[PDB]
Amino acid sequence: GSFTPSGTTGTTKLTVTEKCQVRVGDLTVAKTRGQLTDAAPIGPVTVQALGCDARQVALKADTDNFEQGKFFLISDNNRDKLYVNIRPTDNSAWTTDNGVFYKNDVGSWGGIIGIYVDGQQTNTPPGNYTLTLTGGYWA
Amino acid sequence: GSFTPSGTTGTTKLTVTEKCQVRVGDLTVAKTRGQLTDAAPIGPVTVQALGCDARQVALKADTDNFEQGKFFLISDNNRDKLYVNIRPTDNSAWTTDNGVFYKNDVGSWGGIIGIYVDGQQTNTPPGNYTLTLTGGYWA
Amino acid sequence: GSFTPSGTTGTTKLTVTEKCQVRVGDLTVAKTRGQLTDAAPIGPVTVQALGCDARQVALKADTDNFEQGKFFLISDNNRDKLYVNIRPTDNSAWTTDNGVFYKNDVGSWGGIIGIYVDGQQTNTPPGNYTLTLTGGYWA
Ligand SMILES: O=C(N[C@H](CO)[C@H](O)c1ccc([N+](=O)[O-])cc1)C(Cl)Cl
Ligand SMILES: O=C(N[C@H](CO)[C@H](O)c1ccc([N+](=O)[O-])cc1)C(Cl)Cl
Ligand SMILES: O=C(N[C@H](CO)[C@H](O)c1ccc([N+](=O)[O-])cc1)C(Cl)Cl
């Protein structure tokens, strides 16, 4: 049960707004709180492993993004949570262990990890939410 | 007189330099202090509102970017100001209220907000200057 | 012996990993620690000077990136160093002076500055390393 950081970082960002939504500057991922329905896709996270034929690929969430076996995006001020489910788009088997989401089998896996809203959270306060995931391997 | 944050953030950045100017890395917006003449354009800010047929679109500047009914870009160290005027490129009417720049009429407005140097400031200390504007609505 | 900041900033980033390397999200510069051999290229830094016909172009490294006439990328936590050599790809002559790398002759130089691993450092701890260089002129 140990994660070894070894890889790069993917940052999933979402700006939550009200129905009257004012987009300023370049396009970013934004949704009204009413769109935060159960299983709503937030976005994909690409994963490409190399040199892991004998290790279990893994992603570790920043400390501020997990608690009690649950993952969540966190607001800029660290106060507000948006609970999510993390799931590879393929049929591969993974396990969650204290902020770590690791593959059950060894191998240099490449694939897409989807981030989805876990439970309708249409009362989420408007703000900027982030989930940070770092590549590495588990054992 | 209340701003409700609801939208994304646009960041206007400018690096001020001397006449001998050394650009390192990728292109960014940079000017010599001698170019900071009155009404000099710093750059455009896009605004695209959705679902605001019954609200007044608004942009709020970060606390560090306004004081006394005046807006300004602020240096990285929070010390130096570059006073600017904020004005939509179209003929629409807006109002300034304590760091908030709001549209006089309701509607899902889309347009360009220009950022211009307010008063010649050719003695501005070289540094990195930023103005941050967040989308939302006023009332 | 004085650097005057006047120009923009170039940030050289490198993520060091183990042999089992898990890339998450968009492509960034990453190497296994085994690739950190002597003279290994980390990446180029573009420099384009304007209005410097009578000044010596210069780049100053952030305080956290130099000590004792040596430059280094520094880990996110400020603890770990990756010593590098900084060298223009052309035949021009430069001098190092306390975190400052300046050109020996005046002129509005444009060119590429290469960043190379200085001494094999294959035991470098996995992490994110950065070197920040700001444009200006020396005298
Ligand atoms: O954002 C996602 N999906 C969309 C549907 O809204 C779509 O299925 C999709 C799948 C893959 C993809 N990719 O691989 O880049 C992008 C979008 C899920 Cl992976 Cl969270
Ligand atoms: O940067 C601006 N303007 C330039 C002139 O220097 C030009 O008028 C312009 C107008 C619109 C624009 N846009 O819509 O992206 C970009 C440049 C002003 Cl909007 Cl501040
Ligand atoms: O990254 C570098 N070099 C590569 C070799 O790995 C190559 O020589 C190169 C040279 C110039 C260049 N550029 O000008 O953008 C990019 C790569 C050195 Cl400049 Cl550090």
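To find a chain, count down the sequence lines: A is the first, B the second, and so on, and within it residues start at 1. Atoms within a ligand are numbered from 1 in the order they appear, just like the ligands themselves. The analysis underlying the following values was restricted to heavy atoms, covering all of them including side chains, and did not include hydrogens, waters or symmetry mates.
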Top contact chain of ligand 1 - most pairs under 4.5 Å, the PDB entry: DR hemagglutinin structural subunit
Drug name for ligand 1: chloramphenicol
Chloramphenicol (ligand 1): other chains within a non-hydrogen distance below 4.0 Å: A
Winner among A:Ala39, A:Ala40, A:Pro44 once heavy atoms are compared against atom 19 (Cl) of chloramphenicol (ligand 1): A:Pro44
Taking atom 18 (C) of chloramphenicol (ligand 1) as the reference point, the nearest protein heavy atom with its distance: A:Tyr116 OH, 3.6 Å
Residue portion contacting chloramphenicol (ligand 1) (non-hydrogen atoms closer than 4.0 Å) for A:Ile115: backbone
Atom 6 (O) of chloramphenicol (ligand 1) [closest protein heavy-atom partner, distance rounded to 0.1 Å]: A:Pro41 CG, 3.4 Å
Those atoms of chloramphenicol (ligand 1) less than 4.0 Å from some heavy atom in A:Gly43: 1 (O), 20 (Cl)
Chloramphenicol (ligand 1): binding-site residues, heavy-atom cut-off 4.0 Å: A:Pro41, A:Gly43, A:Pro44, A:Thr89, A:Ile112, A:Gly114, A:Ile115, A:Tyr116
